[PDB]
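Opening remarks: the structure here includes bortezomib (bound form).
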Amino acid sequence: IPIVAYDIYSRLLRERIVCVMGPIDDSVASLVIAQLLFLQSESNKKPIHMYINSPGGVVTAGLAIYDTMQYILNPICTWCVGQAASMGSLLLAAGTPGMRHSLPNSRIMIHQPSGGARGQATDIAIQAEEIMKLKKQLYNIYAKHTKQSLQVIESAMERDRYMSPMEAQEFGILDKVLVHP
Amino acid sequence: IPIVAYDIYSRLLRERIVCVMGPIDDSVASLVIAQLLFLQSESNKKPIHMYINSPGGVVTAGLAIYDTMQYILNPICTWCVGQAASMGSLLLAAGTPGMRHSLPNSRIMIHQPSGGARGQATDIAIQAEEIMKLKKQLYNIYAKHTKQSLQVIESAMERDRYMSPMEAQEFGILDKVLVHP
Amino acid sequence: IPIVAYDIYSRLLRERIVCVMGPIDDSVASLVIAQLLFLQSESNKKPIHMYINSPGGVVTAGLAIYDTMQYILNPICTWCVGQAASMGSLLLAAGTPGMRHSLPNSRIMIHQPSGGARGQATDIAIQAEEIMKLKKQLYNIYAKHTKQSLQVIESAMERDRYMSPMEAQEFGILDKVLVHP
Amino acid sequence: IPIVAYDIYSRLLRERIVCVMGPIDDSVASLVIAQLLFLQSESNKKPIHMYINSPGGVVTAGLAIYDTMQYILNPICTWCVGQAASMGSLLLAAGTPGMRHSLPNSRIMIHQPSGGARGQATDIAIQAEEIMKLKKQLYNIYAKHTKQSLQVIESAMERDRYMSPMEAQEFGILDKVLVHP
Amino acid sequence: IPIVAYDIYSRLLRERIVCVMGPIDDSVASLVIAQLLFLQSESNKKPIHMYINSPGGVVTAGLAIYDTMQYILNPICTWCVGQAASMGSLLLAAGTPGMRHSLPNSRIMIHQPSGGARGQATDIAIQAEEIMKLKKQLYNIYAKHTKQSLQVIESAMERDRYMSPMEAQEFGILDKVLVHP
Amino acid sequence: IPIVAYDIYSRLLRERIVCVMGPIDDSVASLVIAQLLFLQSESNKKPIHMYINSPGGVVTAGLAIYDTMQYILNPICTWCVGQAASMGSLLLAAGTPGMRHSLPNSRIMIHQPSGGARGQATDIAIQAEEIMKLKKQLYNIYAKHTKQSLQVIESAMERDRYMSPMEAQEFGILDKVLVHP
Amino acid sequence: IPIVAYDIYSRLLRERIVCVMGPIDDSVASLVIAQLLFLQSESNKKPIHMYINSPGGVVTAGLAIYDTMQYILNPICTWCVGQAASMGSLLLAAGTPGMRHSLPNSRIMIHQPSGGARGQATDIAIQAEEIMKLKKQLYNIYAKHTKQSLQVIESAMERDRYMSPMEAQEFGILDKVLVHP
Amino acid sequence: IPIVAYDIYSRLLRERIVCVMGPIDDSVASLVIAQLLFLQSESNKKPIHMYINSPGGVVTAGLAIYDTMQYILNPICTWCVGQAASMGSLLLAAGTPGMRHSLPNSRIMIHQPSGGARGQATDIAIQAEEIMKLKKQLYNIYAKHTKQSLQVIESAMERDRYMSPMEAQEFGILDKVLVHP
Amino acid sequence: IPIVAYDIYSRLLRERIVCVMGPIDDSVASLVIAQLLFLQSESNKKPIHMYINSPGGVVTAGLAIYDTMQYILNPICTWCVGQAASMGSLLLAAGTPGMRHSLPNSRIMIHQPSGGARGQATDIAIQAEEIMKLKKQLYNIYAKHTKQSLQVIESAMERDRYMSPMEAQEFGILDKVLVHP
Ligand SMILES: *[B]([O])([O])[C]([C][C]([C])[C])[N]C(=O)[C]([C]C1=[C][C]=[C][C]=[C]1)[N]C(=O)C1=[C]N=[C][C]=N1
Ligand SMILES: *[B]([O])([O])[C]([C][C]([C])[C])[N]C(=O)[C]([C]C1=[C][C]=[C][C]=[C]1)[N]C(=O)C1=[C]N=[C][C]=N1
Ligand SMILES: *[B]([O])([O])[C]([C][C]([C])[C])[N]C(=O)[C]([C]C1=[C][C]=[C][C]=[C]1)[N]C(=O)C1=[C]N=[C][C]=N1
Ligand SMILES: *[B]([O])([O])[C]([C][C]([C])[C])[N]C(=O)[C]([C]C1=[C][C]=[C][C]=[C]1)[N]C(=O)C1=[C]N=[C][C]=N1
Ligand SMILES: *[B]([O])([O])[C]([C][C]([C])[C])[N]C(=O)[C]([C]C1=[C][C]=[C][C]=[C]1)[N]C(=O)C1=[C]N=[C][C]=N1
Ligand SMILES: *[B]([O])([O])[C]([C][C]([C])[C])[N]C(=O)[C]([C]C1=[C][C]=[C][C]=[C]1)[N]C(=O)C1=[C]N=[C][C]=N1
Ligand SMILES: *[B]([O])([O])[C]([C][C]([C])[C])[N]C(=O)[C]([C]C1=[C][C]=[C][C]=[C]1)[N]C(=O)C1=[C]N=[C][C]=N1
Ligand SMILES: *[B]([O])([O])[C]([C][C]([C])[C])[N]C(=O)[C]([C]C1=[C][C]=[C][C]=[C]1)[N]C(=O)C1=[C]N=[C][C]=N1
Ligand SMILES: *[B]([O])([O])[C]([C][C]([C])[C])[N]C(=O)[C]([C]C1=[C][C]=[C][C]=[C]1)[N]C(=O)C1=[C]N=[C][C]=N1
């Protein structure tokens, strides 16, 4: 990591740029929330830019970031660079309307959640009930921000669904596919 | 394994004695069914003795043995030696009425089934539905042979429930606790 | 393995009983085919009994057994004991019409094939084309023996589909659910 | 970890924000207590904000934090971000009354403690007695802060019990579910 | 294993000699019970000789053997060769009165049972209750055959208690310490 | 492996049936050659039946079998059961003209050889020259028995090429696709 | 570890607070002694606060800390936070009389030392003699600071003995159980 | 890493030199994009120099860098040092026309993408469709910057194709092969 | 690493001394090139000293360094300390004529390149062609700087060829063997 607020990510932080890179877990989520709360405290008016290059991650860690993005007053511009899959595509869609961007060659992928269950039949019934609830929760989120109906969402996310940026724009995950500024 | 129809288990087979020992898996189940079908073909009238010392095992392997025991015409005497837990307690209860035996110091344990699930939320919902069906199936079997109501069965099997032979007799899992012949 | 044509499976072979137990691989398939060809050479008229307790296995190994069952002149009675999943459910359905049996508590499961692919994009395109062809092949087989239409087959096998013996009979996988002979 | 009191968590510390993130162990507990004692020494009047995103952890480490929260004079606002399970849900409930918050999409889970025992029968009897005492201890804590009766607590925590924020508010684990400030 | 009913242990079986050697598990217990039932069927009058050299083993496997020894009509002579610890000392004490032997340099050891427990606090409470019951069970057995009071048994077995053959005879575990026949 | 010249493969050997099953290595090749030489010595006139279910194997081991098949005077009938890939498809094609068979659902696959090289640049140049020679060798063999030109062979084997039995017959790998005898 | 004498533990050191956290080994002991000697050199009059959250540790490492606590002139206040087991409970008891504190929900555990021995019988006799001496040493220490007789100490520490803070106060391990300052 | 903006890579950053070294993954891509955005913000007019020594890497990580290079207004000079294979050769070709350089002894390699697929046949069909789309995408990129037709691109990239710098210049991957400045 | 531009290698960098130590890989090559470009930018006239102690390394990483040495305008003095084998001997020979040095007891070794190949026969033919080209490339480099004919080079490098400094000077790898300055 190179040095220029000294190391390169801190130097970008002064620009109000937050990088969401790689798998999203609790540690990653913790960091991003900290930066979003810091950037809100520096000012509640200036936009924040979130650059997303992620294969996905943990649902509750992603929902933590998503709630933080909704809760802070700042407008948030989201940028898909390279890929946005699972949680990364959800966070991309959660950007302020008219402020959700992709580069020309990024890939978007959406799908239903996956997990596991163990134990006695009663413990398994509880855990299956919980992942079903989370599935419905996530589908509501995607319906809200993309404006697609629940039926469309359910049909699209049953299996892995890869999108080009133009397809994603048509779907409602993002607003602009920009080549040059 | 010692030699006396030559090795000691084959020598017992001539007595119409089948040994169900240790964990019950497909291989074990395969063997026991083979011996039961052989002993039926040698005669459909003479009783068979099943000696059970088992910690439990795979549900479908156990249900395979259980169905074989019901299907053949021979009366089957069951003997609890040492322990009968999970499937072993179910097979013990499945013996011909009035022919289900324990030695004085054997332990019986009954409980609900356990397992796992993996994959997408839809795959998990299917697998949880399947272990729930198996649970209801097994509870019906225990209710049939012990004469307890379903409510009693459900209450008893929610957690691990260890029994002395006298308790098991009271429950209806077995008929006789014998010290000497 | 006990001794009574001496060991218990050889002793059953004299009864024209073939055991298909556990995962189906090339070795298992090799054995079963050998026994079927032997039993045909001993006589082409007498029925053969195939007892199936299997979680599934390799497609080509299973198709090897399936072709052997069709090719020999003998009628083949199939028996589901414990479970028939994947290839095991297909082999169960491949028994001579009116001769396909389940015990009361067996579970049947049907689903589409699964696999993997690796290499260059051209190698992956070839391997995906091959598993697609195998899927269509298998669906034709199930349609033939169950008399369901292809559409029904495709709908049923998209995900894991567990069946009781009565459901399986309704589906057309088997003819008789027998409690006692 | 980015740099802006220089690194991002230290920069939040100046805001009197303590982050309780991931599994709670002795090291984590040590850190949180240190920060709480530091923030009390900086002033005993100003509130402290505890942001909780935790799957749970060690009972004594969690009880250490819980006692520290009760002992210091400062009011403590608790924030559920993402999830609060086991100890995390207990620490969330331990916040100053009227000051316990969740974001809209957080999950709360409550359950009884789990552990192990080994050794001679006398050693096992001691260890089982100890985890039983800890269970009663924890149930008293939850009853105190949620105002539910012990009977309700015992019924709810026998198995894993997941809650939405509104359900948690109804239960008494938290006071406010906030979308925007 | 050398050959002389051909291999050396089978050749001893014709003498009505059963060898209980090494750790006692289900497999070992299965074998010994099979031999005891065979030797009873050959005649119910002739004594059986059990030669014991064991460090101990599984409680239910040992109790299986112990019940078999009580159930068969034959008198059983027990021989301590080398050591009898845990279950081995219990099986030695279970021989027919006046027929329990040690060689001059054998060691006897008695102690309480050991085990483990895991899971939720409710599961641990059940498992601890079960090992306590087994402890009381075993102490009753030792009191019966040695004629010591329960209080003496409890005091002696709290910790590992090694005995010479003469001490064991004084205790009541055995009757004769023989140098030459 | 079951017993009926006693075990099932030996019992088939008396029928002049050789089984080529699974991966082809030196050991497998050794066995098959031994059986072919034995069956020739029993008579040079009677046909031999080779049943092939193989994923492939070592080139020199396969070429060993192939040369043996050409060298012995007996006509050889080849049977594809399940699959014939790599060497297995070559051995299938090497059967006596008009005597090469597939079952209806077998898969045939043909491809070029694969391997590795290591060492100094001079050692690598030698090893690459050797696998190139082997490639040309094998393509000549396939051209001979299928009657396709070298150009066709080279085009077909550049990548993995799966065939149905009818396609294989069209290609010239086999003569008859038989459903029933 | 966060930064505010800069990192949080150094910042507490300026308050004369020493943290004894987790397992006590030579490294941990080295650190604590260094801090105690530093804090004595800064002044011999001002009290030191030792916060203890420990599962236990090495006897000689703990005795090193204990001797340092006795040797320095400063009064030492000890605080049980979360747990004090083994050496942690001993160090808690070693605080200046009237200055030994617990929070309400801490657990105290006392027990005898444990270890191992290896080698020749002479080497084992030496090592057993050494752990016996250490046991007597430790029991004298506990008797001194708790004012219990040796007999009481020996009885209490034979097995693991868990205490609530009030029980510990009654025992004499600590003076005050404080809820709020 | 040596120190002279202090460490050697930061010291080069002040020269507007970005190093793309070794395998290209998300972390590497993240860093390079950060530096490119920083260098654009320092001025949009001054050229950037990208030094490439890479064996290749992840497609989406590489496409992320490639899109960033196109999006920023600065001209970008690319330098092949040592090797440019896979993504490294693509990034080399993506430099500003007339500004793409190689040293005399660098090797360029181009080839099609590689990957894997797993799961059900439907999941495999989706994943194969996705790598096919990515292949077409990449071939369009190479056609754009090298000015070769798609047919030429497809023919060249079917297998690994190594190039000297002069060959690469002829192909259109680069403009200048420089010995001295 | 000790501190005196602060750590010892940075302190030498101010002397225009670059250390090439141990195996040469991409990371090592990256560092050396960075330092050479930095030292050129500080001035294009002042010589650079390269101290070489290397067992060898990756060809393209070494060729990267070699091209950098040729490209920069500065004269480069090379010093063999301890050993120069493979790439290390090539880099030693690449120093400015009259400026290539060895200490008295250094060992030089030259040999041909080594590697590996895998895959289909076509992939292996490509990879063997590539290592052959690299071999010819390297032999041209050695011929250029040592002034030996290609025939001499080929003969010398077929096997490992160790040289004393005087032998190396005779060969033309270096100019001066210095005892004292
Ligand atoms: B995605 O592919 O990243 C996807 C999120 C999408 C639905 C918005 N991720 C998941 O579904 C994860 C997968 C995972 C499981 C286990 C560890 C790490 C990642 N599922 C969960 O996180 C999860 C959480 N609670 C219950 C079940 N599954
Ligand atoms: B018992 O304790 O043996 C119990 C049977 C009882 C309910 C009559 N066994 C099980 O429940 C087993 C546990 C197991 C799981 C996995 C491997 C081996 C054993 N459960 C199952 O076999 C099972 C089968 N299908 C679905 C889910 N679980
Ligand atoms: B079943 O669940 O057993 C199922 C067969 C069903 C469709 C009649 N099995 C498979 O689909 C197997 C799974 C498997 C993969 C790899 C090793 C072992 C088992 N699939 C294949 O065998 C296969 C074969 N060729 C290509 C792809 N997949
Ligand atoms: B929770 O799920 O985090 C839960 C706490 C809840 C009851 C408030 N955690 C536990 O119960 C832990 C689980 C655990 C065991 C072992 C290592 C780490 C975590 N139990 C204990 O910590 C514990 C402590 N002492 C005795 C027994 N169990
Ligand atoms: B002895 O030392 O062999 C002793 C038996 C004695 C009391 C007559 N053995 C045990 O107590 C065994 C130890 C053991 C545990 C686990 C695996 C193997 C051996 N205890 C048990 O077998 C047991 C059984 N059920 C519950 C708890 N412990
Ligand atoms: B096939 O897929 O089985 C194929 C044979 C076909 C061309 C008739 N097999 C091979 O090409 C084998 C693959 C292999 C390599 C290493 C171990 C085992 C199998 N190739 C060789 O055996 C081989 C032999 N000598 C040199 C190079 N490769
Ligand atoms: B306690 O549980 O931490 C306890 C101390 C108590 C008696 C005040 N600890 C010990 O007894 C330790 C256990 C241990 C053994 C080996 C490594 C680490 C910890 N015993 C000893 O340290 C020890 C030292 N010398 C001889 C024997 N045992
Ligand atoms: B090259 O050799 O680096 C090449 C890129 C070229 C086509 C411009 N790389 C790939 O094709 C990579 C290989 C790889 C696979 C898995 C992990 C790391 C690298 N392929 C992919 O990244 C990929 C991505 N999505 C789907 C399939 N393959
Ligand atoms: B030397 O011994 O360091 C020698 C270089 C000499 C010819 C100037 N090294 C090599 O030949 C290396 C060996 C190596 C292989 C694999 C990893 C690391 C080192 N060969 C190569 O680097 C290479 C590169 N491309 C193709 C084949 N071999």
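To find a chain, count down the sequence lines: A is the first, B the second, and so on, and within it residues start at 1. The structure shown is a partial extract from the entry, and contact counts are restricted to the extract. Remember, it's 1-based here, ligands and their atoms both numbered in the order they're listed.
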Chief chain touching bortezomib (bound form, ligand 1), naming from the PDB entry
ATP-dependent Clp protease proteolytic subunit, mitochondrial
Could you check which other chains have a non-hydrogen atom under 4.0 Å from bortezomib (bound form, ligand 1)?
A
Between the candidates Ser114(A), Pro55(A), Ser89(A), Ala128(A), which shows the shortest non-hydrogen contact distance to atom 23 (C) of bortezomib (bound form, ligand 1)?
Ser114(A)
For atom 17 (C) of bortezomib (bound form, ligand 1), what is the nearest protein heavy atom, given as residue, atom name and distance?
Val58(A) CG2, 4.6 Å
Closest protein heavy atom (residue, atom, distance) for atom 22 (O) of bortezomib (bound form, ligand 1):
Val59(A) N, 3.2 Å
Show which atoms of bortezomib (bound form, ligand 1) fall inside a sub-4.0 Å distance from at least one heavy-atom site of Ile131(A).
27 (C)
Using heavy atoms only, pick out the UniProt active-site residue of chain A nearest to bortezomib (bound form, ligand 1) and give the distance to 1 Å.
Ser86(A), 1 Å
Proximal atoms of bortezomib (bound form, ligand 1) relative to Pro113(A) (non-hydrogen, under 4.0 Å)
7 (C), 11 (O)
I was wondering, what residue and atom holds bortezomib (bound form, ligand 1) by a covalent bond in this structure, if anything?
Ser86(A) OG
Among protein heavy atoms, which lies nearest atom 6 (C) of bortezomib (bound form, ligand 1), and at what distance?
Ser86(A) CB, 3.8 Å
Which chain residues come within 4.0 Å of bortezomib (bound form, ligand 1), judged by heavy atoms?
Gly56(A), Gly57(A), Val58(A), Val59(A), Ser86(A), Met87(A), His111(A), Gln112(A), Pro113(A), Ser114(A), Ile131(A), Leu134(A), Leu138(A)
